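Input: a single structure, listed below in structure tokens.
Chain letters run alphabetically, one per sequence line, in listed order. The numbering of chain A matches the PDB entry: 2-104, 113-142, 152-268, in order. Residues displayed in chain B correspond, in order, to the PDB entry positions 2-104, 114-142, 152-268. To match the PDB entry, the residue numbers of chain C are left as they are there, and the shown ones run 2-104, 113-143, 152-268. Using the PDB entry numbers, chain D covers 2-104, 113-142, 152-268, in order. First listed ligand is number 1; within each ligand, the first listed atom is number 1. As a basis for the values below, the full set of heavy atoms in this structure was taken, side chains included, without hydrogen atoms, waters or symmetry mates.
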Amino acid sequence: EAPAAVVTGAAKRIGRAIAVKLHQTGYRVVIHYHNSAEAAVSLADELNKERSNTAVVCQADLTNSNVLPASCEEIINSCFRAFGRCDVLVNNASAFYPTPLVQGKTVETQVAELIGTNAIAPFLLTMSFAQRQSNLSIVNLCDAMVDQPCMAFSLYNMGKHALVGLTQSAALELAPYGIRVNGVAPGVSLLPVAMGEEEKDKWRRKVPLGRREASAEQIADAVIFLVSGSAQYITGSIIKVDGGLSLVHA
Amino acid sequence: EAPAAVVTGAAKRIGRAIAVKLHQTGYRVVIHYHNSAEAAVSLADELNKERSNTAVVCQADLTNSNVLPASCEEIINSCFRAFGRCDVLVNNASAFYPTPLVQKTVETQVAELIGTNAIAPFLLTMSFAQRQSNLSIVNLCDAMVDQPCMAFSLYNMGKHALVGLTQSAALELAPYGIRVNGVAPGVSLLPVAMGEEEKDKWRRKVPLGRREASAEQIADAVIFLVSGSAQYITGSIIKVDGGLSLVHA
Amino acid sequence: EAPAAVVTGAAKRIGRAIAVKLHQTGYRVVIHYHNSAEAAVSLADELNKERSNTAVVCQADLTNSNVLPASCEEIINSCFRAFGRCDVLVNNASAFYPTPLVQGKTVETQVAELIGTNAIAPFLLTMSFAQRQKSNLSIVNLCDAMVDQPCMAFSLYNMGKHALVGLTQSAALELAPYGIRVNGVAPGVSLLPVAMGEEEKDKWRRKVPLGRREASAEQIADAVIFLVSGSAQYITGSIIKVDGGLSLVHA
Amino acid sequence: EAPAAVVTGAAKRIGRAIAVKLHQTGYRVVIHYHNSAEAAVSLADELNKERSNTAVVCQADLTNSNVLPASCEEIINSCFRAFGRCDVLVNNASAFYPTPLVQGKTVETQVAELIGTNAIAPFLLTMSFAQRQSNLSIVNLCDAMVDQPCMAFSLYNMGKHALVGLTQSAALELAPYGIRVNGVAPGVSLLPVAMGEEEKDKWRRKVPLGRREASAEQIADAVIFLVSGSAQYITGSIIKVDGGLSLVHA
Ligand SMILES: NC(=O)c1ccc[n+]([C@@H]2O[C@H](COP(=O)([O-])OP(=O)(O)OC[C@H]3O[C@@H](n4cnc5c(N)ncnc54)[C@H](OP(=O)(O)O)[C@@H]3O)[C@@H](O)[C@H]2O)c1
Ligand SMILES: NC(=O)c1ccc[n+]([C@@H]2O[C@H](COP(=O)([O-])OP(=O)(O)OC[C@H]3O[C@@H](n4cnc5c(N)ncnc54)[C@H](OP(=O)(O)O)[C@@H]3O)[C@@H](O)[C@H]2O)c1
Ligand SMILES: NC(=O)c1ccc[n+]([C@@H]2O[C@H](COP(=O)([O-])OP(=O)(O)OC[C@H]3O[C@@H](n4cnc5c(N)ncnc54)[C@H](OP(=O)(O)O)[C@@H]3O)[C@@H](O)[C@H]2O)c1
Ligand SMILES: NC(=O)c1ccc[n+]([C@@H]2O[C@H](COP(=O)([O-])OP(=O)(O)OC[C@H]3O[C@@H](n4cnc5c(N)ncnc54)[C@H](OP(=O)(O)O)[C@@H]3O)[C@@H](O)[C@H]2O)c1
Ligand SMILES: COc1cc(NCc2ccc3[nH+]c(N)nc(N)c3c2C)cc(OC)c1OC
Ligand SMILES: COc1cc(NCc2ccc3[nH+]c(N)nc(N)c3c2C)cc(OC)c1OC
Ligand SMILES: COc1cc(NCc2ccc3[nH+]c(N)nc(N)c3c2C)cc(OC)c1OC
Ligand SMILES: COc1cc(NCc2ccc3[nH+]c(N)nc(N)c3c2C)cc(OC)c1OC
């Protein structure tokens, strides 16, 4: 029987690359998405064309709220419903936007989105994954630049730091169950659709190893390593995949 | 005119020692409290007996909610109302209890643990900066964030987030001359709520004297960071842990 | 045409497992050794039985001295003489013993051995490796997951391993324009000494959250193989803990 | 009655400022120096004019060699010879220059100077200080930029990383003797005339807090705190005094 994985925010970009590589490795996949329904369905269609009945989509908002625990439980339930097991959880979904300290969304909403997606949803997903339970593991998508953060991104940075804390705490606590918990920390990988080429190039020029951003596949490669049998003693580790960006002084 | 400081969770224990030392150093102080009204007022009475009209109290729940931003704005406003200025913010108040991953609702635990340790510090930081000399913020962190207590994930998440706030706010508020630093205790003032067996077990782990920190020793590092002797220091977290975090399993 | 790797301290234990896995992956290997000649040669003979002319040995003391730079240049040169190329360097060789700060080796010898093997030799080997490269080139340094929670009375050892982290970062930064990646693997508790009492071994094993056991040499080698692979080609300046969670455990 | 301190590389710049502040605080001081004999003797004269018999100079090369242990023992011995006690050791002396990995000093000399001054001499001085033994402590001058080093400074950076390791290891091991071991990590401070004006200006503009370097006195202020009674539970801590420099991404 093939193992099964949940990847959050998997419709596009890094999440899609992770889902694709897991699928190529032989996993059945739950493609979680929030707004990108067409892209999620397009991906699931492609994966099911390769191997029938090996991909499903699952919609959920991962903003913090009193129903978030139930939503996260349902994402894990959806993997069991489709595939009868859940071996791997990848916490990839993430809100990212500035929240300046000095001056449409209310600050309450910004907290709920930035802390919810980057930290609280991963925590609740981790609880539900563990409660339901071989090579079991969780991979959290972190950020290599958390100690040298983008200016005016405090709430986002708080969220990613909290995710490091979760990775460590959950690795410690879930080790007796044989559930490994690790992270992959990109530097600059895919730049946003909205960003102009000149701004993209400004970031690219900072990277020592090739003056280019990580491909989505390069990020996925590290995730696949951590979920593999080649990482079976690794827990509580966060692997930077940043081309040396974090080593470069101001 | 004397500078003024807000200390959250200042009625007891480390917060109280911080408020006392700031006041002894010459600050006027806002003593924030949640449940400990009697102790907050007793502290204010003590400090005001030393110097009239130099200590006030301010009540607020720092749990995350729809009203937390307003509560935090009002804590900062209370300092400006009482004293006409706010030079120092100490983010000390903190919920701390286990939240096991496998088996209050969990969402209430998120609100309390992440609210007190991270979101309230952020909102207080925003309000402090917006309302603006030796201005600074000190966040009470945790020397054991990378070797956390078992089954304290949400607490540990909150303290990690507070490290991130310390760094992000240091970076962003530096142009305004506002420094942002942290003090990271190991074990300090182990409470009655711990058993004597657990208390001795922790104390014996501490390389420097096999004892916990006093609240005053924690306060000493806060006083340094707000002082003129720290005017180039921002984004720094000082462990006050007697070497505890250096000790392997 | 097959790539080539130098592994220092490759006769036994973790270095041996790394050399074996690299060879299984398709590398030709230089098996460096200091005192363990019989084991280095037995490994080479095993690997050459698998594929002829794919393993050589190279003897050197990696203690710090005025001749260390020449010794390290010669190790790298040996790979070029054997195989015509040198694609991977693994800095594994390491002295490890206590050096108490307070009350038969002299302290200058302990400095030389502990700082030489763990830090200075890796630096000189890195220099020589890079100079010959003035494709998937990379260096892997064997670090230590417990450098911030060190064994009592191991100051010089711990200094050496911290220095090795600094080399990893500095060399990653500087060698990036040459396409040479520089990374680390940081064991927690892996192979214990055979002569250590099982009761003492078990004291260490019981500390490890993930399985209450030490890492095998092969599990350490798995992380090295990942870092030198095509699946790690954007990774430089990273140190992967392979510690079963040990470093997360408070006192 | 008055406690005594050894400060290495104390003739000039940051070491001088540390020696002056310790002296103003009530310490008797050993002013160690290597080449700066005239400055060392002038400083001792200044401090002795303020309080007689409270300062001496001590010359030593702190380059690694087989005689370095004897030299370090002699520096501590010089404190006992002059003052009858040695309460504080400040490891400040430091060689700093590039050592590129790819191509008048030989590489062995570069290793000896950079690793000796920044790491091995601090270790040997720490040994001798501890063996010869209240508020006893050691302060190591570290570097806030150890994880974002200057390009082509590998040996220097290795030395400073080793000094972090010593700070931790010695804090752990010397705690039972009541000796605290801490560090102060500058970013940019008191940029020297020898540095080109253009390079000085470039580094100053990187610093978030005031777009300026630290004065020597600001560095010394952190050393004074760590040796004081207000730091009596602090050991194994390294305090950045960097104006936020280390927080700034490339
Ligand atoms: N790209 C980089 O340079 C970079 C750098 C450092 C770290 N990372 C990390 O790597 C991961 C992948 O990066 P990325 O650039 O591919 O991410 P991204 O495009 O910014 O976001 C990934 C997905 O997150 C989902 N998401 C956002 N808000 C959500 C919410 N409220 N509820 C549920 N899902 C939500 C979105 O799903 P829908 O589209 O379905 O709405 C989105 O497609 C993230 O964790 C990111 O922080 C990336
Ligand atoms: N003690 C230690 O060993 C230790 C170790 C590591 C870190 N620290 C950090 O050092 C700081 C001080 O420690 P401590 O032991 O003195 O703290 P504490 O006694 O656990 O808590 C301090 C105060 O926090 C306030 N607080 C708790 N929940 C709150 C809420 N929902 N809203 C508003 N205020 C709330 C309480 O105020 P009221 O009493 O008025 O309700 C309480 O008196 C904390 O940030 C702690 O995390 C302490
Ligand atoms: N084992 C663990 O639990 C553990 C934990 C943390 C980190 N590590 C790291 O992982 C690596 C491998 O560990 P290990 O236990 O396999 O190492 P090890 O057995 O202690 O030593 C490996 C080899 O180092 C060589 N070596 C020692 N001194 C030398 C010198 N002066 N010159 C040249 N070579 C010298 C020896 O080669 P010869 O036998 O030929 O003389 C020895 O076989 C080391 O870097 C170690 O620090 C291991
Ligand atoms: N300045 C900064 O921006 C900065 C930044 C980061 C870290 N730091 C650290 O802060 C400390 C003070 O910095 P600084 O700029 O004042 O240092 P510095 O001027 O570069 O050097 C301090 C003293 O080190 C002594 N020294 C050099 N080589 C020696 C040797 N072989 N043997 C004995 N002593 C030797 C010299 O003494 P003589 O003159 O008597 O020969 C020199 O005056 C150093 O540890 C430095 O690494 C400084
Ligand atoms: C510094 O400013 C910016 C930087 C970047 N960098 C690339 C980028 C893209 C998507 C991302 N998405 C998430 N989930 N998290 C990130 N960390 C992230 C990053 C790092 C993207 C921006 O646009 C969204 C931006 O704002 C203009
Ligand atoms: C592991 O279990 C426990 C550990 C401790 N340790 C001391 C202690 C006390 C108060 C604290 N209060 C806050 N805000 N944060 C902390 N970090 C903290 C700590 C660290 C105290 C306990 O009782 C309060 C306890 O539960 C029985
Ligand atoms: C703390 O005491 C000890 C601990 C260990 N632990 C396992 C072990 C074995 C070989 C090692 N070899 C090197 N190169 N570096 C290490 N880090 C290392 C370690 C970590 C091995 C000991 O004996 C060699 C020992 O001494 C009794
Ligand atoms: C990257 O190039 C350079 C950088 C700097 N930076 C300031 C500076 C000055 C003295 C220093 N001295 C020591 N002991 N350690 C340092 N860390 C140090 C630094 C950090 C100074 C230079 O000239 C003195 C220089 O060379 C041109």
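Contacts with ligand 6 are greatest for the chain named in the PDB entry as pteridine reductase.
Among the options repotrectinib, trimetrexate, iclaprim, the match for ligand 6 is trimetrexate. With heavy atoms closer than 4.0 Å, the chains neighbouring trimetrexate (ligand 6) read B. Neighbouring residues of trimetrexate (ligand 6) under 4.0 Å (non-hydrogen atoms) are B:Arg14, B:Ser95, B:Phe97, B:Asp161, B:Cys168, B:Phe171, B:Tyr174, B:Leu209, B:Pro210, B:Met213.
What sits closest to atom 10 (C) of trimetrexate (ligand 6) on the protein, heavy atoms only, is B:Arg14 NH2, 3.9 Å. From the protein, the heavy atom lying nearest to atom 14 (N) of trimetrexate (ligand 6) is B:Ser95 OG, 2.9 Å.
Within trimetrexate (ligand 6), the atoms closer than 4.0 Å to a non-hydrogen atom of B:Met213 are 5 (C), 6 (N), 21 (C), 22 (C), 23 (O), numbered from 1 in the order shown. Here the heavy atom of the protein found nearest to atom 2 (O) of trimetrexate (ligand 6) is B:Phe171 CZ, 3.9 Å.
Remark: minimum distance from atom 3 (C) of trimetrexate (ligand 6) to any protein heavy atom is reached at B:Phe97 CE2, 3.9 Å. Residue-to-ligand polar distances keep B:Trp221 apart from trimetrexate (ligand 6): every N/O pair is separated by 3.5 Å or more. For atom 7 (C) of trimetrexate (ligand 6), the nearest non-hydrogen atom of the protein is B:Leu209 CD2, 3.4 Å.
The protein non-hydrogen atom at the shortest distance from atom 24 (C) of trimetrexate (ligand 6) is B:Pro210 CG, 3.6 Å. Listed by atom number, the atoms of trimetrexate (ligand 6) under 4.0 Å from B:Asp161 heavy atoms are 17 (N). With hydrogens left out, the protein atom closest to atom 17 (N) of trimetrexate (ligand 6) is B:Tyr174 OH, 2.8 Å, a heavy atom.
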